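Structure with ivacaftor present.
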Amino acid sequence: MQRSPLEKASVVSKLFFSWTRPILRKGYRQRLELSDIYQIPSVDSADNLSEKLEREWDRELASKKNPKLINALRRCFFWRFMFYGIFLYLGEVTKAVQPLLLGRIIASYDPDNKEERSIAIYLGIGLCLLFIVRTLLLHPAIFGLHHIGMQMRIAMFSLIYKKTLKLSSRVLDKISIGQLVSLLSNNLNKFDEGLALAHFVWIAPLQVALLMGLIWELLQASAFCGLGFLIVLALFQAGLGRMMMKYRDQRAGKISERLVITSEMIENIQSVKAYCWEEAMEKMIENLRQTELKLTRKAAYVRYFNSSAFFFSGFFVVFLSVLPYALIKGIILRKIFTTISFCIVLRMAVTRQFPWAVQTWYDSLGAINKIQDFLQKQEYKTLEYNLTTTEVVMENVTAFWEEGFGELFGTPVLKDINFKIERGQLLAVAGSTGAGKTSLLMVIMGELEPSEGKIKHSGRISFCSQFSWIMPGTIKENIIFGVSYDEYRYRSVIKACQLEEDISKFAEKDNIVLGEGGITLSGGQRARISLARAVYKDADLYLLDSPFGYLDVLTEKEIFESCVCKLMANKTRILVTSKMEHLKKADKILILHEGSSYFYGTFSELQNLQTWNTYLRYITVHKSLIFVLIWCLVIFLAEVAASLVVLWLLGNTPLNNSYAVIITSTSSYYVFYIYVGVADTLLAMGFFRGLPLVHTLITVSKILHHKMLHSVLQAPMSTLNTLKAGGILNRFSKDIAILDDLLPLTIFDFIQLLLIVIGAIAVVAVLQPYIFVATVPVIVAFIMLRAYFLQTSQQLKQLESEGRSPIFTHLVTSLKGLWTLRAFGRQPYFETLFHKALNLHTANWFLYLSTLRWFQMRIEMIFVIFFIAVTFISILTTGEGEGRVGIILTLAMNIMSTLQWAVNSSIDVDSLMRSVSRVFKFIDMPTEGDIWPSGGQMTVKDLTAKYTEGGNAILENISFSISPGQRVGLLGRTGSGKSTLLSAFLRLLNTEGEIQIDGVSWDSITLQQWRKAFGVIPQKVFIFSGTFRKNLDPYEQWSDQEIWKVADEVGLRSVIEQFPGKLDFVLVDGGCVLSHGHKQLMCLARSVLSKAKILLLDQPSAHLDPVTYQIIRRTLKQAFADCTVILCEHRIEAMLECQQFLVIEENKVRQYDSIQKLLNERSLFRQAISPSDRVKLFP
Ligand SMILES: Nc1ncnc2c1ncn2[C@@H]1O[C@H](COP(=O)(O)OP(=O)(O)OP(=O)(O)O)[C@@H](O)[C@H]1O
Ligand SMILES: Nc1ncnc2c1ncn2[C@@H]1O[C@H](COP(=O)(O)OP(=O)(O)OP(=O)(O)O)[C@@H](O)[C@H]1O
Ligand SMILES: CC(C)(C)c1cc(C(C)(C)C)c(NC(=O)c2c[nH]c3ccccc3c2=O)cc1O
Ligand SMILES: [Mg+2]
Ligand SMILES: [Mg+2]
């Protein structure tokens, strides 16, 4: 890493921004090298800005009765804020005094021998000094203010991430990810750039006050009659401002709901593709955009009138000001041109600078109120007593989940429970699905607080969750989990948990970079890593929430006898399990039932008891847009044509006539200057040109999102395992919101300003030729410097834009794995790990931000340099009477003012046009591409399975044949390939060979038509946010009576009746309200509804007990009558049902007819079988 060149730099270098110069020269010739990206300055790091504001916020919490976050921000930013404000004031004041100096220099070309001709040179000197001071006075203050705004945002972002880790288990149900992601995605670039515009609240009034006097000098009565029109217009904009904000709050609720649906479906797309929910998910996301875009359009139409106010005002402010003075006294052109020059600044001050400044203050404080509201919430309390006899004691405990019934005190999940545990013995927590076994562990950890009862143990605890969580990184980084490495400990664990088999198969042996969640691995592999993490941790208590769910019996025995009873000796360790073998070796047993202790004692006792392309493609999405743009241009040509013949008549005039005083001399060089002043209004886009342009540009973003969401869903699996969670969630949140909100109007201003320049030059050029020639040398200078700047700016903007993903990627996983982070207590790791992601983004954003102010300053300096040259050539060459050089040049330089604004607008479009470029990359992804399934017989021949293209072959030369209406068992060691074989049928991963069904092959039919033959039950369960009926059939093909007629057989009768809205209860946080057992029965019903003749079952009974399993076989015997079944199961009770068996090992298959033969070969796998299951197989 290279250190910041800002650190060591002279006042000149910092003032003129010469320290940014290297990266432009480096970026112009070549592609940007990672080496060239400088380290962030020491001032604005994540640690310091956290440390500073954290201290000031707890001080605010400690002192005041009702604390406010703005008070905390005030005491560490206000002086440096106000320090730049006084410079930004003086830099703005100097724009208001330019008309006085320039106006005289213009008047000094007049043949009539005025005093001006005396002072002209002194004004010539002074006006040059007037420009030089402003250029140096404005830009540093803006960068200074941007730099403060960046520090403010980083400081809060860090306090949100510290706060969110200490947040209560009660609150997590209410606040989804969409709440957090939107809050950060909104403020990310908007807040930083804002603090430039913030000050103009108090700059604009003093500017109006200053300007009004200078006008009052010229026009005594009418100036106030003018101002009145702007006071009327200012209130109209304040009206639109309040109206626009109300549309934004109605929409904000809908965006949060779309992101949680969009996240969930892409997070586990492998299930979405298996069930064939493309039409379902697209229609669901489509319906949420209807409400959103309605409120976007209404917000967009209002903002047009706010934006357009400046351009229309121009003519009317001057007209109402000159007209009264004209009638009573009579006016000179000089007097008209001087008022025009004051009015341009006065409008800019009151019409664009004033309403933008206020709108920023609403957004900032609005944002700070949400953060302050988020910071003062219910926190997870800690009450650990390290003093103990290492005796984990529980007595007379009851607990309710929701606040209502618990506070009022529905049945509690635990009641009248008690147990004592000595150190050096394991507890067997047994019961049926929904007994409260997880709920019991949640009370011990203290995530679920008890209403009545008392807990006490030592603070040190270890936890193994039922849903296995893999943070992004290496298997080592997962197993050690943010502590020092130990060769003797690490190796003894992996051998005890026996991952040595699975780790050795991978190319990079130990350390492979696992994605968000670890979908690279299988169900059994994740569980053993989750276990290894819990084992490697040292603590007084080890909680294990059924880690033998996805493991085969041979592995389940070996790991239980090699880890739990060997490596974990002389420790209290409460275990969730439902097998006789585990309860036999166990010391004390606890059998829960309907949240009540059915039995408590010992096992002995229990038995005794009972670039051009990107711009072009965007325009040619929607055909309306190209018609509207042509329709604007033909009307533009008409108004350019209209002004031409007006000025042709006006200039050709042959002129008691007190209305307007003109003479041959004055006429020539004021009539044209007046036109350039009022050109902004004459060429302005009226509601007819404005509204449809805005309307279509929103309709484009609607079409672009549909294609993008459509293309992502039907892309191949390999491409979707490449990209991250935060990478998907970045675009759909931030880069779709840019095409809806910012881009539609940033274009309008760019077009509006571009037309005004062209049309003004055109009319002036056609009428007087030399001005066109005079502009060219200034025109080329801006286009030259623009083409030079963008070569660096474009490349920086992509690094910064793709530099966001790390912040989101981390925020997703952190939240999902929150319960283990607090179990182990690893917040200090994750905070410092999160600080990096902000620093990375700061390093790219700060660099892009600083490079801009260079271009902003240089473009102004180019103008100043040319103006200084123009003015001296004007004044010095001035003849004795009618000097016809300075006239022509200054008129050009009066246009280049409008162009300088258009070039700055042209950069603001290009930066937002990076968003649409990154959207098209997601649209341009590759694509995976009599009654038919009669009997359902399959024929596999020379099949090969691999995930990556040209990688390791998981299965090789596979070939077997199933007969019609036959049940087939599938089995093998954890990580054999059992899932890969089931995925090979649906052909999700890329394969070679052919699987032919009922004498018809793959290549004879389409994929989406092929996949509607199979009814799947995947290994990982997918429950999106919605109602039960929606989760049971998204297409809504079946009736309520039909769903109820299925619900009884799978036995969700009692499960649903618990909740208030029967089949209308909206599930949240990926269906966290249901227990692990009910999620398996949810997938079962979903398959029972979808009446298929072939169906695949990737381990139906994962964590189901022998009682609940009776439902699986009951529904498998009755409902699935004549259809062919491929049953991939670990429990041995399931093997009684199916006839043929497939065994996978050594990347190959073995088919068998009888169970007795299969078990006869493998002695170890036969000895593994439970005594209670052994009597069933062998009579
Ligand atoms: N966050 C929650 N909010 C509301 N109810 C919940 C929540 N978590 C669990 N429950 C409910 O509490 C009961 C017990 O759930 P718990 O997960 O403790 O059961 P379990 O015995 O661990 O089940 P399994 O055998 O499936 O693992 C169930 O009825 C479940 O729906
Ligand atoms: N998405 C993937 N990308 C790369 N390799 C993968 C992927 N999924 C699985 N594998 C590899 O294939 C092996 C077999 O995984 P698979 O899920 O088919 O096994 P399984 O027998 O179904 O496991 P389980 O006992 O957990 O059900 C894994 O151990 C891993 O090495
Ligand atoms: C009839 C005709 C000539 C097509 C026409 C009419 C108007 C109205 C009626 C809106 C003044 C306008 N005016 C506008 O479109 C205006 C657009 N934005 C504004 C913002 C603030 C204040 C006024 C306007 C405005 O008049 C323009 C026209 O070209
Ligand atoms: Mg459970
Ligand atoms: Mg599997």
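Throughout, residue positions are numbered sequentially from 1 according to the sequence presented. Ligands are counted one by one from 1 in listed order, and the atoms in each one are counted from 1 as well. The deposited model was determined using electron microscopy, 3.3 Å. Computed from heavy atoms alone, side chains included, the values below leave out hydrogens, waters and symmetry copies.
- In the structure shown, the parts corresponding to ivacaftor are ligand 3.
- The name UniProt gives to the main binding partner of ivacaftor (ligand 3) in this structure is Cystic fibrosis transmembrane conductance regulator.
- The binding-site residues for ivacaftor (ligand 3) (non-hydrogen atoms, 4.0 Å) are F305, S308, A309, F312, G686, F687, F688.
- As stated in the entry, the source of chain A is Homo sapiens.
- The UniProt transmembrane segments of chain A, numbered from the N terminus, that have a heavy atom under 4.0 Å from ivacaftor (ligand 3) are 5, 8.
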